[PDB]
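Bound complex of Neutral alpha-glucosidase AB and N-butyldeoxynojirimycin.
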Amino acid sequence: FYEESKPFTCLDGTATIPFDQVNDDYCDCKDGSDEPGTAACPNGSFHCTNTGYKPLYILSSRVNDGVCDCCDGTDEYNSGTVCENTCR
Amino acid sequence: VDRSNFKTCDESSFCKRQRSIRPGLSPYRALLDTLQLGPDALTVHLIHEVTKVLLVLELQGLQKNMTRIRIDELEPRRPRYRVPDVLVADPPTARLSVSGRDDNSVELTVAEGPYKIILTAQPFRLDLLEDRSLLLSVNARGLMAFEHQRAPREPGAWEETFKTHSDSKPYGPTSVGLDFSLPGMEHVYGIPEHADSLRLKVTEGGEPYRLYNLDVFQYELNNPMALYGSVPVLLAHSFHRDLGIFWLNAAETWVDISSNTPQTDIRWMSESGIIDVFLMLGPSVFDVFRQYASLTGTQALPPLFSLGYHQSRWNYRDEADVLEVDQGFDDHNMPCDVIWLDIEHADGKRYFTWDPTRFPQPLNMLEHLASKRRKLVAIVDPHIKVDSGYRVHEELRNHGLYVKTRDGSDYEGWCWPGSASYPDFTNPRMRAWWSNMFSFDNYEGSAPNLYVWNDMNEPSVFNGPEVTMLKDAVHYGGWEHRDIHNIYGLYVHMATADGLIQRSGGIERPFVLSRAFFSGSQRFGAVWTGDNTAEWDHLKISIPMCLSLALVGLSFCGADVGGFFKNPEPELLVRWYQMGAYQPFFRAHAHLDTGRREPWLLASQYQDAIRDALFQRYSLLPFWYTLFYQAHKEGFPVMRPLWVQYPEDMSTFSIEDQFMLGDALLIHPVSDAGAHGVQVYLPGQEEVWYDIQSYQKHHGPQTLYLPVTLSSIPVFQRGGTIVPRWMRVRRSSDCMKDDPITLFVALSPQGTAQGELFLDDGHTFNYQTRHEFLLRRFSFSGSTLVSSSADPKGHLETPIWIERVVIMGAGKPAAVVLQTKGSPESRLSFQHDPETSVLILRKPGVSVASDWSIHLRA
Ligand SMILES: *[C@@H]1O[C@H](CO)[C@@H](O[C@@H]2O[C@H](CO)[C@@H](O)[C@H](O)[C@H]2NC(C)=O)[C@H](O)[C@H]1NC(C)=O
Ligand SMILES: CCCCN1C[C@H](O)[C@@H](O)[C@H](O)[C@H]1CO
Ligand SMILES: [Ca+2]
Ligand SMILES: [Ca+2]
């Protein structure tokens, strides 16, 4: 009857987790690949999309740390620091 | 050191006079016919049989197992100094009752017992007992000496010279001294500051320990020379009991220690003032800590940032250098909370100013650091350049707030800015003026993220005797410098801390680092061991120096990481970061002529080991913060000798190559070049210890030979404890202070553990004025971990949650269930290592503010 979606596999193959464990603010993969959008993994990276300009990657520990790391300010989405776009 | 710049006992005429009095029959006797007993005190006259000088003994029993002994002249020519502002309250008393009396002796019971005091009239003696056990005797060796004030105007008893400096000494010989006997005591501690062993040495064959706040250039190790601070508190420990002696005197003080059925005798000898001594009778060391904290207060609760890593040197050159250092931390993924500005930041060593070439826009620099969520510290010393263009000098000169010479003119020394004057910090109005100078309006260029360092507050006077103030300089109330010397520094520290509080309208907690200190200095911030050297033996001595400080209430201690003088080899610098990462005040600092040593300037293996050390410290900030809250509330030391947790283990009594943080972590830092292992003593009958890196369990008591690499920091978690951590290491503590917690539960052999956690906003007095904080208790027993409130008065709005639980010494469960009011029962996934017995509970997801339980089902 209804076909289920497949789970998430870490890029390092260490585990397989449901999709509610992706960006769930807890580190489940040894490579940090389940948390690209949060600060939960000690070895993760967050991608500054910087729409219109050069994209940059920052440490996961810099996501919602209250400091503006990405020129587009997307690293600060739920911290109380409101980052302005400084990409130009 | 140049020892010839500093007086030996023989060169201090009052020490020579006092020390020449040898054990014998005391000439002092009490005149029992003059005895008066009241609800609060016993008084009696004492007389010297030869000179016929009359003294008054005021003997008091005090609440919390203490005794106070005060001796002053009955009819003085001029009043004798009594130390102000050190005691936090007038100590609550206990009634003395006469339970025995004869022609030569009076037995006194303290309240309803069991403490008793025997006063012997001839020769004068006091004996303090608990029931039938003799705890301590006073004047047992007849060494009491009270030089009465003679008519104003033998060798050096009056005018006295040392090198080229003359002391006019208008009051002549006025020194006071008394001995104490400690039966059953072979180990004594405290009386900082000395670069010496934790267990104090017998002074018989050499010099007494000296307490006189002094700036000692290139100080050397394992000697009793007086350093920058003086805490006249001695602790005595045996298998059976703990005692403390607190000699409340601000004048130059020498302490003789001797032994002899084992017994230690202590003699205190002070230049001036009265005899004012507190005997703190324990019986446990924690009881002595409480007793002493009830007298002088507790460690001020540091703002969280001050417990992070501090980066300093003499000097960061300019705003660009500060901003490159800040950016250097972030580019190399190394956390740092504070960057320090030494004396070169000011306009020619005029404090409260900025060099306009180097720092033209201080507010903008501070704004940049605030955007990185970091702070700055600026040096502010208590010497003011004599310059008519300098507003601070003009205001102080005009209001007569400087220390004076006998002729009434303002004292002028040669110091960091040449001809300089010294504000009289003993004057309450001068301290108010100083506090007011820290307002954002008065201290132009300062901001809420700028904190302060008080240096050279002994006071250090470059052209002075022993690099300090003349003895005959005059202070508030007409007291001589000799009377107040050891509290000068404390008052600078006090006034600076009050300035930082006041500038915020009383909301923000202060951060002040002070070089000089006295009893009570714990109330005002941090202290450090001064100008150490970049050598292995100075790295070692940081433990006994900070432990000696911890024992006497000064929990916020550290030593310059890397050493102040000279260039440390990379390996030494790494070991120093590892040592410093596990000490209360954690600052890297370096002298003007040293090479740059920011941690990313080293080769990658050294940078990596340093980064590891910094991550360990930052992750442990919740633990450090909780230990500091416990110090603030109870007066218990943060960094502890092993004998404090193992009072009956005689093999721990002299240990100074290891220490404990609270009751949970045992640290044995690597302190030798080319070391491949360390001998770790793991105490406790039926105690277990977990290697925090490998999770390997070890049973006490044992000496373990642990292999080490450059990155190793030998740290063991005690069975029965729960250590909270922030596992998400960020660039500074402000970044981390709202993050989720990981609880590290180390199971005892009984399968139990406990620990606390204190949380607040990280920087204000809201915890005390609004009860805005959390004090949680985590307890594990049977198969359940529970969070409950340890202080229901504390409420806090916080996003902090429990993200993980790590249980060491646990079996593999079948199921893990979390219960918390307002939520359905939750099932947690978990991971278990059968080799280590380590169980990791995934994402409990519960608020730290809630009561909860986690049950492990078989
Ligand atoms: C004050 O002194 C009494 C007596 O030394 C302390 O009470 C004893 O405490 C020990 C534990 O250290 C017990 O084993 C004894 O049974 C207690 N004896 C008595 C007579 O109570 C007391 O704890 C001390 N109080 C303070 C506040 O320091
Ligand atoms: C000799 C001039 C003052 C020396 N200061 C002493 C202090 O203990 C050090 O930490 C400082 O770096 C230094 C410069 O102010
Ligand atoms: Ca996840
Ligand atoms: Ca950020």
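In what follows, chains carry the letters A, B, and so on, assigned in the order in which the sequence lines appear, proteins first and then strands, with residues in each chain numbered from 1. Every number for a ligand or one of its atoms is a count from 1 in the order of the listing. Going by what the header records, the deposited coordinates were determined by X-ray crystallography, 2.4 Å.
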>> Mind telling me which parts of the structure correspond to N-butyldeoxynojirimycin?
In response: ligand 2
>> I'd like to know the other chains touching N-butyldeoxynojirimycin at heavy-atom distances under 4.0 Å, if you can.
In response: B
>> I'm trying to map the binding site of N-butyldeoxynojirimycin - which residues have a heavy atom under 4.0 Å from it?
In response: B:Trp314, B:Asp342, B:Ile343, B:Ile379, B:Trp416, B:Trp453, B:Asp455, B:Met456, B:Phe462, B:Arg515, B:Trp528, B:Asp531, B:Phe564, B:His589
> Taking only heavy atoms of B:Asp531, which atoms of N-butyldeoxynojirimycin are found under 4.0 Å from at least one of them?
Replying inline: 6 (C), 7 (C), 8 (O), 9 (C), 10 (O)
> Of all the atoms in N-butyldeoxynojirimycin, which lie at a distance below 4.0 Å from a heavy atom belonging to B:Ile379?
Replying inline: 15 (O)
>> Would you look up which organism the entry lists as the source of chain B?
In response: Mus musculus
> Is B:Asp560 in polar range of N-butyldeoxynojirimycin, meaning some N or O pair under 3.5 Å apart?
Replying inline: no
> In chain B, which residues that UniProt lists for substrate binding have any heavy atom less than 4.0 Å from N-butyldeoxynojirimycin?
Replying inline: B:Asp342, B:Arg515, B:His589
>> I'd love to know which UniProt active-site residue in chain B is nearest to N-butyldeoxynojirimycin and how far away it is, heavy atoms only, to 1 Å.
In response: B:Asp531, 3 Å
>> Is there a polar contact, in the sense of an N or O pair closer than 3.5 Å, between B:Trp314 and N-butyldeoxynojirimycin?
In response: no
